Amino acid sequence: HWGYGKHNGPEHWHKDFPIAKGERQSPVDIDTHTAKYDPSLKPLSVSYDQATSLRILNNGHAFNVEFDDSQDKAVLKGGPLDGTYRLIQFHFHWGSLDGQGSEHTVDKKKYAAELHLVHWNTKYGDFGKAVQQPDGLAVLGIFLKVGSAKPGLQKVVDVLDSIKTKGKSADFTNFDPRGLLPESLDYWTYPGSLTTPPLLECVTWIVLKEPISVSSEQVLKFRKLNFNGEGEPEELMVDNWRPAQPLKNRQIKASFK
Ligand SMILES: NS(=O)(=O)c1cc(C(=O)O)c(NCc2ccco2)cc1Cl
Ligand SMILES: [Hg+2]
Ligand code: NA
Ligand SMILES: [Zn+2]
């Protein structure tokens, strides 16, 4: 099965998922001097007041915090997007040490981690239909650097003990994802893909310029999770990031001057 190790990591994924070598793969390096300001881009509208989180799951590659997406509650609109995109889950990618872990890079800089808030385009009715469309998904990406603690992350950190191994889940209601956002909503945007198999080319990426700070203790707890299931040899869940992929014939646009 695919993973992040020597024998099943990103360099192998193309064998089962040939789109890994496709024309709009993610992540990418954001070259800040080539990304052009686009005055036609709109402010991002993040409407999370009515979010209903349900559960947190260790899926064997990361952990997902899942939301009720059965009705318009937490939605992303504006920015580069046409229409309304509903929040379905968020997860992170992170490193074994603070100097790596992000998927996107900024002028080749790797952050300690990267948060992905995954949303699907409601014009397609359900997530499964949305991932058959080139504008089916919008992912809001937020970099994490190590410094001061992020208070809004601590509830996540504190439940991880209970989902140590693949396939474990726990109730995770009443979590407010607004507490994971930075001050500024300035962003870069480009067309891309899932960064995990099946690597589907459905995503409008919206990557915030401003990182959030989290404490060393917070990210250290991420690194105590396990890729393996209960009763199997312990493989720490670290370095669950895909490296930057070729930009090809794409443009990265900046929302800010
Ligand atoms: N890392 S990511 O944000 O590109 C991402 C990552 C994952 C993930 O499973 O880690 C994911 N799972 C849902 C799924 C299944 C088929 C299409 O989307 C979706 C996305 Cl967009
Ligand atoms: Hg997995
Ligand atoms: Na450009
Ligand atoms: Zn992701």
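Shown for chain A, in order and in the PDB entry numbering: 4-125, 127-261. When a ligand or atom number is given, it counts from 1 through the structure's own listing order. For the numbers below, each heavy atom of this structure counts, side chains included, while hydrogens, waters and symmetry mates do not.
Located at ligand 1, the drug is listed as furosemide.
The main partner of furosemide in this structure, judged by heavy-atom pairs under 4.5 Å and named as in UniProt, is Carbonic anhydrase 2.
The ligand atoms of furosemide that sit less than 4.0 angstrom from a heavy atom of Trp209 are 3 (O), 4 (O). Residue contact check: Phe131 has heavy atoms under 4.0 Å from atoms 13 (C), 14 (C), 17 (C), 18 (O) of furosemide. Of the residues of chain A in contact with furosemide, the majority fall within UniProt domain Alpha-carbonic anhydrase. The closest approach between a heavy atom of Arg246 and any atom of furosemide is not below 4.0 Å. Among the ligands and ions shown, the ones besides furosemide lying under 4.0 Å from that drug are ligand 4 (zinc ion).
Heavy-atom proximity to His94, at under 4.0 Å, picks out these atoms of furosemide: 1 (N), 2 (S), 3 (O), 5 (C), 6 (C). For furosemide, the atoms closer than 4.0 angstrom to any heavy atom of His64 are 8 (C), 9 (O), 10 (O). In summary, the atoms of furosemide found under 4.0 Å from a heavy atom of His119, numbered by their order in the structure, are 1 (N), 2 (S), 3 (O). My check of the UniProt substrate-binding residues in chain A for heavy atoms under 4.0 Å from furosemide returns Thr199, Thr200. Looking at the UniProt Zn(2+)-binding residues of chain A, I find a heavy atom under 4.0 Å from furosemide for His94, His96, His119. The protein non-hydrogen atom at the shortest distance from atom 20 (C) of furosemide is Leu198 CG, 3.6 Å. In summary, the atoms of furosemide found under 4.0 Å from a heavy atom of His96, numbered by their order in the structure, are 1 (N). Taking only non-hydrogen atoms into account, the UniProt active-site residue of chain A lying closest to furosemide, to the nearest 1 Å, is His64, 3 Å. Binding site of furosemide at 4.0 Å, heavy atoms: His64, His94, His96, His119, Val121, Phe131, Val135, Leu141, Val143, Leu198, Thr199, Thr200, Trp209.
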